[PDB]
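Bound complex of Histone deacetylase 8 and vorinostat.
The alphabet sets the chain names here, A first, running in the order the sequence lines are given. To match the PDB entry, the residue numbers of chain A are left as they are there, and the shown ones run 14-384. The numbering of chain B matches the PDB entry: 14-377, in order. All heavy atoms count here, side chains included; hydrogens, waters and symmetry mates do not. Note that ligands are numbered from 1 as they come in the structure, with each ligand's atoms numbered from 1 the same way. Structure determined by X-ray crystallography, 2.2 Å.
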Amino acid sequence: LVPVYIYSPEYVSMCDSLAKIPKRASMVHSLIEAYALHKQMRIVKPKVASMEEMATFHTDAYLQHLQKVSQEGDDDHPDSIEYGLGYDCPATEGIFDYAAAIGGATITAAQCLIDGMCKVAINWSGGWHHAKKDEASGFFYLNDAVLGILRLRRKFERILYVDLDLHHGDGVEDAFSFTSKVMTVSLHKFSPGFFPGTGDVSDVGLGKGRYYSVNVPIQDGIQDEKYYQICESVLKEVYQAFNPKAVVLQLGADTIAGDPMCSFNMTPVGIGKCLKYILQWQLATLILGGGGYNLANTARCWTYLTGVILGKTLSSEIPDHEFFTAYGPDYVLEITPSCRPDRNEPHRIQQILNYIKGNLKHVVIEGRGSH
Amino acid sequence: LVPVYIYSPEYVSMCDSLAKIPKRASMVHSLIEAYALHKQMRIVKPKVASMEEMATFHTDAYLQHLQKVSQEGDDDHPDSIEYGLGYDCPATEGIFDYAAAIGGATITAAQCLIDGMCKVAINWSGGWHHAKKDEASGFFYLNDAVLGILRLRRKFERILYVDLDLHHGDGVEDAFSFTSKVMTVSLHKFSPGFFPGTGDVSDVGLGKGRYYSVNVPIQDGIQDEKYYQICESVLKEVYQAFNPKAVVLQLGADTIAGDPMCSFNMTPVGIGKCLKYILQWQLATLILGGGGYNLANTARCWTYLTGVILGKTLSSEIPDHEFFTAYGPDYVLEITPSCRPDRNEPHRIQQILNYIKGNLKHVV
Ligand SMILES: O=C(CCCCCCC(=O)Nc1ccccc1)NO
Ligand SMILES: O=C(CCCCCCC(=O)Nc1ccccc1)NO
Ligand SMILES: [K+]
Ligand SMILES: [K+]
Ligand SMILES: [K+]
Ligand SMILES: [K+]
Ligand SMILES: [Zn+2]
Ligand SMILES: [Zn+2]
């Protein structure tokens, strides 16, 4: 079918106001439009999440606080720190609207998958995977990934969450840590001192969800080839062991070379092969954005990935558009890896893969109501 | 005889409004106050920099552009992007006031050194070393470090600028890249892709300023002892060859273990050891802050350093105060290094030191 593209001019404008990534939404969309990729997609206007929809994960008390702060702006409300607001997650005007819009956008995309409208639905402004039920975290206030998965859960019994952001998707993993309906897989930088500090290979979920959480700790400097070897290896084992019926894929672009966080050393081509491998499963796939703080590079990456979804090859020259001047000095779509070492010892990587393969041996495929 | 401490309730309050580091000024000050360190210091209220004083480095067109944005906002002004305003340096109300306040505080501190008022003057909310003469850069809109050096030049023949921030102090180095009367030494993370991307060991300044710029490219995971070995080794040769008459020291705390940038693996003790070595010279020293994005750790670091300057030993236990709850889970002054590898191979490090020693044979 034709992939669904969650978009409206109001939605993009709303997302443009996110304090940590100002104007990133417009840069991403305008580049995608400049390559005319929206013409080959089914543009679907996002619905704003209702209170009840957001409440599927978040507590009423926290949501009401976000609502209060959203009006009164950045006063120093006595309870804001308790709800994770502050440095990482600024308590400014309109944050409840931003939450409701992004959350609802991911829910809308999920509903498109359910209603069989498409096999792939895209919400590049989604993918905020840190927020807890009662606490903002990691640059955002709501966990739209969880809300998307919870929506898909209405129809799908086995859901695979794949998180390729530079950071560990702790919020999503924690949300489903005790259940086996949702398997979380996160490839991320894992290093003492690095946010959020969780997600070692030994972290496998708890209770009845034990072994239904997969973590792949990776060090600085990893490039396309080695990343894909790890990803395909893990994903092949996961697919075989878990047999998912629907996929939610987070594609945070803070792994891409040039990102100020300067950790991984990836290009969108590498992420693209991971995406390709997931696509050929031909399952309902919910595509999400996430981190990405080299704004022009993030637009580069997600535009390319959009092209991969459409099975189209894009021209190297960045076409003229609103933000053309931000693509200097070369004004091309390709991204060149930085000249720095890959700190990943192959035998450590292999040991990690071995642990994971062993963990997945414990994974069964049971139907609703088993035994 | 007693160190000058640049402070006023209004100054700290204004610095709290900096977008990239909210509340950090109050956290630093309240912890210093909680240790009663301000009682052993001479509290000097900072004066606001005038357009003339800021003009000693920054162009009038840029300065007037800041004031326009500061009195209005980001009305998508077409020239803002050219003046460095944007992602790193947001164009909001009050940015001119912020710049004038911090610049004027570094100038006030420098003026204290001149008036024989002290041998150490401190401006923790200063140390913003990236901004160009006509362009905002690196989380701030003004180069207060440069403005401080220029003020000291009204008295001292030779100024040594030591930059121990995680990032290359490119704004300062570039401002004095052609001159021999100001020498810049910067220890920083140097790795392709890491801001600002400059400051290799081969970069030594230009023209008459050749060899009067020192850069020490360091990799991730460096801890206290190795760092001080490098810093002492460099500053030993520098002091012996350049013979400074005044020192401007930038102590950005983004090198400290626990910083979200997660690059270096330092504790305030290692930095303090570098600071003691500089204070040993007994020259007029201008203390500056800078980076530091683990806000509690930054307060921890600069409170400790304030104690080093006063020659005092602080209690291990964080005393109760306004931000006490932010000091968990251990509530202690000391910071523990992260269990990360040091990526600095000793051969490359020693080769860098030789290269620097070689360059320092031309300075006389
Ligand atoms: O994309 C992300 C990043 C959100 C978490 C941010 C971690 C905290 C951090 O990096 N803070 C920081 C970095 C640089 C300067 C100041 C603060 N997660 O998926
Ligand atoms: O401390 C400083 C300021 C450094 C400014 C670094 C700008 C690049 C950067 O780190 N950007 C960034 C990081 C995380 C999230 C968003 C942007 N200088 O010494
Ligand atoms: K991840
Ligand atoms: K699970
Ligand atoms: K430095
Ligand atoms: K110089
Ligand atoms: Zn991330
Ligand atoms: Zn810095």
Counting duplicates, which parts of the structure are vorinostat?
ligands 1 and 2
Vorinostat (ligand 2): other chains, heavy-atom cut-off 4.0 Å:
A, B
Which divalent metal cation-binding residues that UniProt annotates in chain B are found with a heavy atom under 4.0 Å from vorinostat (ligand 2)?
B/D178, B/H180, B/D267
Sub-4.0 Å heavy-atom approach of B/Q263 to vorinostat (ligand 2)
no
B/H143 N/O under 3.5 Å from vorinostat (ligand 2) N/O:
yes
Of the protein's non-hydrogen atoms, which lies at the shortest distance from atom 9 (C) of vorinostat (ligand 2), and what is that distance?
A/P273 CB, 3.5 Å
Which of the substrate-binding residues recorded by UniProt for chain B place a non-hydrogen atom closer than 4.0 Å to vorinostat (ligand 2)?
B/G151, B/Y306
Considering both backbone and side-chain atoms of B/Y100, is one of its nitrogen or oxygen atoms within less than 3.5 Å of a nitrogen or oxygen in vorinostat (ligand 2)?
no
Ligand and ion contacts of vorinostat (ligand 2) below 4.0 Å
ligand 1 (vorinostat), ligand 8 (zinc ion)
Name the UniProt active-site residue of chain B nearest to vorinostat (ligand 2) and give the heavy-atom distance to 1 Å.
B/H143, 3 Å
Purely on distance, is any nitrogen or oxygen of A/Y306 under 3.5 Å from one on vorinostat (ligand 2)?
no
If we only count N/O pairs under 3.5 Å, is B/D178 in contact with vorinostat (ligand 2)?
yes
Enumerate the residues contacting vorinostat (ligand 2) with a heavy-atom distance under 4.0 Å.
A/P273, A/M274, A/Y306, B/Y100, B/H142, B/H143, B/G151, B/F152, B/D178, B/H180, B/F208, B/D267, B/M274, B/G304, B/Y306
